[PDB]
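Structure, mavorixafor included.
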Amino acid sequence: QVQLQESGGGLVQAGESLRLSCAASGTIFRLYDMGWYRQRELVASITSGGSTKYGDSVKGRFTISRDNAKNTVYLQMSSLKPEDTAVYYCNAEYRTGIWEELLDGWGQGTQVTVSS
Amino acid sequence: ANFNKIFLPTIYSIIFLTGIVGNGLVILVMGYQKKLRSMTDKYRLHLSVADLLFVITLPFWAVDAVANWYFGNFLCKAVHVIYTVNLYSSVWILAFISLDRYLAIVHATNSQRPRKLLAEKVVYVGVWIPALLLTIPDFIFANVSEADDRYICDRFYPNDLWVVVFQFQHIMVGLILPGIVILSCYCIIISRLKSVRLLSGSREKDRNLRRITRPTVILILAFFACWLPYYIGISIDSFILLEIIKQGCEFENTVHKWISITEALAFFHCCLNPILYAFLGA
Ligand SMILES: CC(C)CCC[C@@H](C)[C@H]1CC[C@H]2[C@@H]3CC=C4C[C@@H](O)CC[C@]4(C)[C@H]3CC[C@]12C
Ligand SMILES: CC(C)CCC[C@@H](C)[C@H]1CC[C@H]2[C@@H]3CC=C4C[C@@H](O)CC[C@]4(C)[C@H]3CC[C@]12C
Ligand SMILES: NCCCCN(Cc1nc2ccccc2[nH]1)[C@H]1CCCc2cccnc21
C-alpha cells in the first residue's frame, strides 16, 4: 500500500501565494499521473512526462510542478478569484509491481479559504 | 561406483513417477476436456506431450543403471531418438512462447493474424521438423555394445571428435539460439512493461497481459536454472577432451561424476509445467 498526505491549506490573506504539497510513501514502483481534482473536474493534471492539462477557468493563473525524485506535486496559486475557494484533493496513479495492474489513489483533502 | 548405482535409479524413478502423473494430468485436462486454450496453453500442451513422450522411457535407463540392458538395439535407438526430440522441442517451444509474448505485448492490436499463423502452421516447421531431422545421428550411432559382464546402450562414434562436435551443437541449439531469442524478446517486453502507463488502451487488457506474461517468465527462468549446471559440466568436459584443461585422472573422474549427478538432477525440467500449473493455478 501507499500513503498520500496533503498540506498547504489554511486561512491566508487575499492576494497572497501558496504552494500545496502531496508526498506519497509506501510500496511505490512507478508513478504515472498526478493532479488536483475538485463529477470531479481535473482543475490541474501533470503526467510523468510533464504534459500538463490545465482547466479552462484555471489556465494562465496556476502553475503545477512535480519532482519525481522528491515524490511530490506542487501547485502554485496566483491571481486569486472568488470561485477558487474550495477543497483540493490530490490524485495519483501508481503501480505496486511490474506484473500488477494500474492502481489509483486519492489524497486526504486540503481546505483553502480565501475571502470573497 | 556403488554410490551412483544406488543414487541414479532412485532419482530416475522419482522423476518418472512425477512426470508421468503431471504430464498425463495436464494432457487429459487440456485435451478431451477442452479447457482454456489460448496460445500459451497450446504451446504448453505441445510441451507436455513432448515431456511425457520422453518420461515414458525412464524405467529402461533406471534398469540400465542398476543391473544391465536386456532390451536391444531397437529400443536403444528408440530411447535415444525420443530423448533428442524432447530435448530440442522443449526449448524451442519455450522460444516460441517468448516470441508470441513479444508480439502480443509490443504490437497489441495488429498481431492477431501473425500470432495465429505462428501458433498454427509455423510451429510444426519450426519445432518438430528440425528436431526430427537432427535425429539422424541418433539413428546411425545409437547401438548396444557387449562390454564385460553386461550390455551398454550408448551412442558410439568413430572417435571423440564426434562427441565434442555433438556436445557443442547440442549446447548451441539448446541454449544459445533459443536463449538469444528469449533474451531479446523479454528485454523488449520488460522495457515496455515498466514504462508504458497502460498497454493497449484499457486496464483489463493490461492486467490480462501481465497475468499471462508472469508465469512464462517463471517457467523460463526455472528451465534455464535447471539446465545450466549440466551445460557447465559438459563444457568443462569438452575442454578436457580438447586438451585445454590438463589435470590428473582424479580431475576427470570428479567432472564425470559431477556431470552424471547434474544431468540426473537437470532431468527435472519435465516436471516444471505441471508443478507450475498446480501452484499458480489454484
Ligand atoms: C543462456 C542465455 C543466452 C539465455 C538464458 C537466460 C534467460 C532466458 C533468462 C535468465 C535471466 C532471466 C531474467 C532475470 C531477471 C529478470 C528481471 C525481472 O524483473 C523480470 C524477468 C527477467 C528479465 C528474467 C527473464 C528471463 C531471463 C532473461
Ligand atoms: C532443480 C534444481 C537443479 C534447481 C532448481 C532451480 C529452480 C527450481 C528454482 C531456483 C531459484 C528459483 C527462483 C528464485 C526466485 C524466484 C522469485 C520468486 O518471487 C518466485 C519464484 C522464483 C522465480 C524462483 C523459481 C524457481 C527457481 C528458478
Ligand atoms: N548408459 C549410458 C547412456 C548414456 C546416458 N546419458 C548420456 C550421458 N550421461 C552422462 C553422465 C556422465 C558423463 C557422460 C554422460 N553421458 C543420457 C543418454 C540420453 C538419454 C539419457 C537418459 C537418462 C540418463 N542419461 C541419458
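Chain letters follow the order of the sequence lines: the first is A, the second B, and so on. What you see of chain A is 3-40, 46-123, where the numbers are those given in the PDB entry. Shown for chain B, in order and in the PDB entry numbering: 34-315. All heavy atoms count here, side chains included; hydrogens, waters and symmetry mates do not. Order of listing sets the numbers, starting from 1, for every ligand and every atom in it.
- One finds mavorixafor in this structure at ligand 3.
- Against mavorixafor, the chain with more heavy-atom contacts than any other is given by UniProt as C-X-C chemokine receptor type 4.
- Under a 4.0 Å heavy-atom cut-off, the other chains found next to mavorixafor are B.
- Going by UniProt's N-terminal numbering of the transmembrane segments in chain B, the answer for heavy atoms under 4.0 Å from mavorixafor is 1, 2, 3, 7.
- Around mavorixafor, within 4.0 Å by heavy-atom distance, are found B:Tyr45, B:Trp94, B:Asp97, B:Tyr116, B:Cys186, B:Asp187, B:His289, B:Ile292, B:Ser293, B:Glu296, B:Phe300.
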